[PDB]
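Drug bound: PT523. Macromolecule: Dihydrofolate reductase.
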Amino acid sequence: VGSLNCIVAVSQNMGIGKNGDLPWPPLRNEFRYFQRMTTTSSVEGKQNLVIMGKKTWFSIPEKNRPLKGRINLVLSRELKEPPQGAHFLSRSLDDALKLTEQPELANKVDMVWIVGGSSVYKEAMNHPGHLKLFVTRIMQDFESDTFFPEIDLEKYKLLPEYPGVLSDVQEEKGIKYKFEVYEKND
Ligand SMILES: NC(=O)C1=CN([C@@H]2O[C@H](COP(=O)(O)OP(=O)(O)OC[C@H]3O[C@@H](n4cnc5c(N)ncnc54)[C@H](OP(=O)(O)O)[C@@H]3O)[C@@H](O)[C@H]2O)C=CC1
Ligand SMILES: Nc1nc(N)c2nc(CNc3ccc(C(=O)N[C@@H](CCCNC(=O)c4ccccc4C(=O)O)C(=O)O)cc3)cnc2n1
């Protein structure tokens, strides 16, 4: 279909979260991009699937829930039913994908995106396969409580250029960030 894409925004300090929210002021072009990648499908007829954790689902305003133009999928080991507005519940990343394969998720599912969080990016990586890491490098410190799982990066390729990805350092709201994409076929 599509390959395990991971999409994360990192602060220099390796922070991704802080009290169920973002280590930084919301940055709208970074949001538009995020929207861009995860929704956008070439196969016709098919949606992308975004796999996300309990605390990530919840950070996202009710208002944009479930994310417009993507099958929303939630990972929790505690709810019984999936959070409202949210399309599936899956106790673990191995079954999230089994489901894809399952009967109706089959013809529909085009790519699958890992929006996070921590143990989800944690399950991801540690998979043998075609994984591309879409990394947004917020080039500032923000005190955060939740962090990026570190990637043995001698095992990834840093593509200099990616299809539709800005390659020069971007500056919104006095903040400065840059996009890099990583690969691995292990
Ligand atoms: N800035 C960015 O790019 C990103 C920021 N964020 C932010 O970072 C923080 C997210 O907090 P974090 O603790 O990472 O929480 P997550 O939202 O990733 O947690 C999802 C919940 O789901 C469960 N879960 C997670 N991984 C798995 C798994 N592999 N199998 C089953 N259940 C799983 C855990 O809950 P249970 O007890 O249900 O198992 C966890 O509580 C918030 O600040 C959020 O806004 C998140 C993603 C990207
Ligand atoms: N790289 C990258 N990777 C990630 N995994 C990632 N994860 C998060 C996780 N926490 C959230 C919180 C909110 C939303 C959300 O709300 N989602 C909308 C975006 C619409 C844009 N909304 C705006 O910011 C906005 C608001 C008003 C006017 C203009 C805009 C705009 O985007 O220009 C959508 O459809 O995807 C998503 C994730 C945050 N940042 C990330 N960055």
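We're sticking with the PDB entry numbering for chain A, so the shown stretch reads 1-186, in order. Atoms within each ligand, like the ligands themselves, are counted from 1 in listed order. What you see below is based on every heavy atom in this structure, not just the backbone, and it leaves out hydrogens, waters and symmetry mates. Determination method: X-ray crystallography, 2.5 Å.
The ligands or chains that make up PT523 in this structure: ligand 2. With respect to atom 7 (N) of PT523, the closest heavy atom belonging to the protein is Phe34 CE1, 4.1 Å. With hydrogens left out, the protein atom closest to atom 39 (C) of PT523 is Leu22 CD1, 3.5 Å, a heavy atom.
When non-hydrogen atoms are compared, PT523 lies under 4.0 Å from the side chain of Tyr121 (C-beta onward) but not from its backbone. Considering only non-hydrogen protein atoms, atom 17 (N) of PT523 sits nearest to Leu67 CD2, 3.9 Å.
For PT523, the atoms closer than 4.0 angstrom to any heavy atom of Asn64 are 16 (O). Per the entry, the source species of chain A is Homo sapiens. Of all protein heavy atoms, the one closest to atom 25 (C) of PT523 is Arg28 CB, 3.9 Å. For atom 32 (O) of PT523, the closest heavy atom belonging to the protein is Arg32 CG, 2.7 Å.
At least one heavy atom of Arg70 sits less than 4.0 Å from an atom of PT523.
Of the protein's non-hydrogen atoms, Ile7 O, 2.9 Å is the one closest to atom 5 (N) of PT523.
With ligand atoms numbered from 1 in the order given, PT523 contributes 1 (N) to contacts under 4.0 Å with heavy atoms of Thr136.
Protein heavy atoms are absent from the space less than 4.0 angstrom from atom 27 (C) of PT523.
Mapped onto UniProt domains, the residues of chain A touching PT523 mostly lie in dhfr. The contact set between PT523 and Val115, taken as ligand atoms under 4.0 Å from a residue heavy atom, comprises 5 (N). The substrate-binding residues of chain A named by UniProt that have a heavy atom under 4.0 Å from PT523 are exactly: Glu30, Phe31, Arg32, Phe34, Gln35, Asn64, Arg70. Proximity of atom 23 (C) of PT523 to the protein is indicated by at least one non-hydrogen atom lying closer than 4.0 angstrom. Residue contacts with PT523, taken as heavy atom pairs separated by less than 4.0 Å, involve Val8 solely via the backbone atoms N, CA, C and O. Looking at UniProt's NADP(+) binders in chain A, a heavy atom closer than 4.0 Å to PT523 shows up in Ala9, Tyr121.
When the heavy atoms of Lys68, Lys63, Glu30 are ranked by distance to atom 40 (N) of PT523, first place goes to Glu30. Scanning the protein heavy atoms around atom 13 (C) of PT523, the nearest turns out to be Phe31 CE2, 3.7 Å. Considering backbone and side-chain atoms alike, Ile60 places every N or O at 3.5 Å or more from each N or O of PT523. With respect to atom 35 (O) of PT523, the closest heavy atom belonging to the protein is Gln35 OE1, 3.1 Å. With a non-hydrogen cut-off of 4.0 Å, the residues around PT523 amount to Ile7, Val8, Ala9, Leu22, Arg28, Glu30, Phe31, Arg32, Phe34, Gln35, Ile60, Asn64, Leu67, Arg70, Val115, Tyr121, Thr136.
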